Amino acid sequence: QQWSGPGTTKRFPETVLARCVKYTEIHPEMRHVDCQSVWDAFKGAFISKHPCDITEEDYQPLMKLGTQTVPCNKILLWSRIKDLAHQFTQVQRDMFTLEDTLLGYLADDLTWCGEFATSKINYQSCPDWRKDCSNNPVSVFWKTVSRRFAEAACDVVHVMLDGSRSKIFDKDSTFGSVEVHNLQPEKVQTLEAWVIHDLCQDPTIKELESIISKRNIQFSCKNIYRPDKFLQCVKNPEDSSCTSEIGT
Amino acid sequence: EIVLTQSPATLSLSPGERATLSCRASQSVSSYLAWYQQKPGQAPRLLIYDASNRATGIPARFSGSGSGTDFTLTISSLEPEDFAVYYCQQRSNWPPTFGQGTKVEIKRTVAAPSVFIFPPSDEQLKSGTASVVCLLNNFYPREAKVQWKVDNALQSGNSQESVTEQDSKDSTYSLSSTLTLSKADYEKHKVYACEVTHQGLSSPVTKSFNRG
Amino acid sequence: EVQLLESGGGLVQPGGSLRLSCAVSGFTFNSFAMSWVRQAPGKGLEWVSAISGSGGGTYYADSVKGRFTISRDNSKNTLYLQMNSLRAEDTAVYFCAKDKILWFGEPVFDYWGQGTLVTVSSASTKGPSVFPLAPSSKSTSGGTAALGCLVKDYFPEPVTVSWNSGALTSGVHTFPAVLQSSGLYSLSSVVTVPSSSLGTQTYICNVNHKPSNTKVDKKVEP
């Protein structure tokens, strides 16, 4: 019901409110954000509810509050390769990941849940997705914000994948279960995968190519054998890169 | 699509002068603006990409500035070798679009043309057609008047002209004027001449030959 | 070093088909997007189509969206442009270009091919005639003599003209072709030399017209 998982992060309300204030103070934003209203919309999603009975509609006021005008042709999805995807967006700073948006920035690496009959936050334990229930506050949030993120994408979407994993593309991950199935074909022309270390011939990548192609979206794939060199030339493309993109 | 407007269409400067080229986008491309140089007959050369970054091996006299809709290419110390059309190109969205181009032509001191006339080859006269060629070589400005007369009779509408593009080292022009006759009517006449008028000439220069 | 070499192209009838090729070297073809950019005679650059490094993703200009097909064979490092239902307004020089960006998207081009002219016309191929422009003996400015070759009555463009198999380049002017009223092109290619070298140096013009397979070498004597 509420156990088997880590509890809500200590000082979670202060943290969410502090993150919103800092995100807005470094992003003169589409529409002024009253961070207090944002925290209230966050709280209203899960407070005083069964933490196994959370729905996506519970989070829609927070989603509406947190809608941002993101350049849709600059979205980098990723699946289970966290550090390189975000360091890539620190350099190619015209491209965004889900954690670079307001809503992703707010909840990144946090846990939360409430209790049915009380207005309190449970800092002791929260429903674990696998062993208690799937419709818990944290999982439902990310399942919701990731769907809307994919729905906003346009013109060419890139996704970074870990080629060292035995399942380079996992159909059961958020990218496979939610994001891929929600790219709008009338807005998205191509999904280009970047496999990080020829693994574009891996059975799981061809599965991603099949799934995407039957939604009438083009598939593209690109091996990256030299990640550190690939990033070095994103910083400064002017030294030695048009001959060194080869199998190391 | 995004429309790129370059001004002016043509720019005639002297070497050592500063070239200022404008490109104005119909909507914001915000940085995604490249500059390309295309010399006659050649493929484009990327000068600046993303509005301010010099490509590899591009001389430091090329500099890009601007954001949003107003962009500018500057060539500080212009050279005769810089006679080319320069294009701006945006990569803000699809489709990528180029401007119509600005042609930078180099100014120069007045140079009179050398005039040469070429009679028809006997090899061509077997074909039933004769072609006389008048060569005007290495002159500036391009404004020049070639006049054809045979037996001192100014011919009309039987000649075509062709001009080189400005030489990339001495900034001069060359012109050819080809007069086309029937072979049977080329023989009916004896004296064949082209008249050349140009700012660098004191009097109209007439190169001529007699048939045979 | 990077090289993009276009092949194919030439004369094709309205409504007919033509496939262009772009052979590449000097970079990892697999990891770069490619595009075709075209240039109508005496006009600017117009982007035609783009393709991803692996080939799956493609974009097209609206004017060609139903008739052109971009593709690539990465095992041969070759880019293709399959053109069907060609119209007169498709007459242009066609470049292949390499995307500078390290992934698929709105491109900027850091490498270009030399281009290949596509002529869409009802007219037939015509091989040129090459006539000499012999040096004078009653004029010839100072000690400067002019000579050349007359390349007449060919279709379509282009034609290639060299002197002494390429050994003589200084002072050579090959004029832009002019369309005669017969629908056939013509040009002259000229060179100024010292007048007193006319008896000691041999001058030959090499004319190549690939559409008609005409290779003429004409020696120009005084």
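Each chain is given a letter, A onward, matching its sequence line's place in the list. Numbering of chain A is taken from the PDB entry, so the residues present carry the numbers 4-200, 208-258, in order. Per the PDB entry, chain B residues shown: 1-212, in order. Here chain C follows the PDB entry, giving residues 1-222 in order. Because only heavy atoms are used, hydrogens play no part in the values below, and waters and symmetry mates are left out as well, while side chains stay in.
Within 4.5 Å of chains B and C, most heavy-atom pairs belong to the chain that UniProt identifies as ADP-ribosyl cyclase/cyclic ADP-ribose hydrolase 1.
Of caplacizumab, daratumumab, nipocalimab, rituximab, only one is at chains B and C: daratumumab. Looking at A/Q95, the atoms closer than 4.5 Å to chain C (daratumumab) (heavy atoms on both sides) all sit in the side chain, from C-beta outward.
C/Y111 touches chain A through its side chain: at least one heavy atom from C-beta onward sits under 4.5 Å away, while N, CA, C and O do not. Measured between heavy atoms and rounded to 1 Å, the nearest UniProt active-site residue of chain A to daratumumab is A/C157, 6 Å. Within the 4.5 angstrom heavy-atom criterion, atoms from both the backbone and the side chain of A/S230 approach chain C (daratumumab). With a 4.5 angstrom heavy-atom cutoff, C/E106 touches chain A only via side-chain atoms. Both the backbone and the side chain of A/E255 come within less than 4.5 Å of a heavy atom of chain C (daratumumab). Comparing A/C243, A/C210, A/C231 by how many heavy-atom pairs each has under 4.5 Å with chain C (daratumumab), the most go to A/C231. Taking C/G53, C/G55, C/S54 one by one and counting their heavy-atom pairs under 4.5 Å with chain A, the maximum is reached by C/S54. Top chain of daratumumab by heavy-atom pairs under 4.5 Å with chain A: chain C. Ranked by heavy-atom pairs under 4.5 Å with chain C (daratumumab), the first of A/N76, A/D158, A/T253 is A/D158. For the set C/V2, C/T58, C/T28, the entry with the most heavy-atom pairs within less than 4.5 Å of chain A is C/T58.
With heavy atoms closer than 4.5 Å counted as contacts, the residues of chain A facing daratumumab are A/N76, A/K77, A/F91, A/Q95, A/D97, A/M98, A/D158, A/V159, A/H161, A/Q192, A/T193, A/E195, A/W197, A/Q228, A/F229, A/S230, A/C231, A/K232, A/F240, A/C243, A/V244, A/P247, A/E248, A/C252, A/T253, A/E255, A/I256. Heavy atoms within 4.5 Å of chain A belong to these residues of daratumumab: B/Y32, B/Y49, B/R54, B/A55, B/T56, B/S92, B/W94, C/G26, C/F27, C/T28, C/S31, C/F32, C/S52, C/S54, C/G56, C/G57, C/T58, C/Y59, C/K98, C/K100, C/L102, C/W103, C/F104, C/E106, C/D110, C/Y111. Looking at the entry, the name attached to chain B is Light chain. The entry refers to chain C by the name Heavy Chain.
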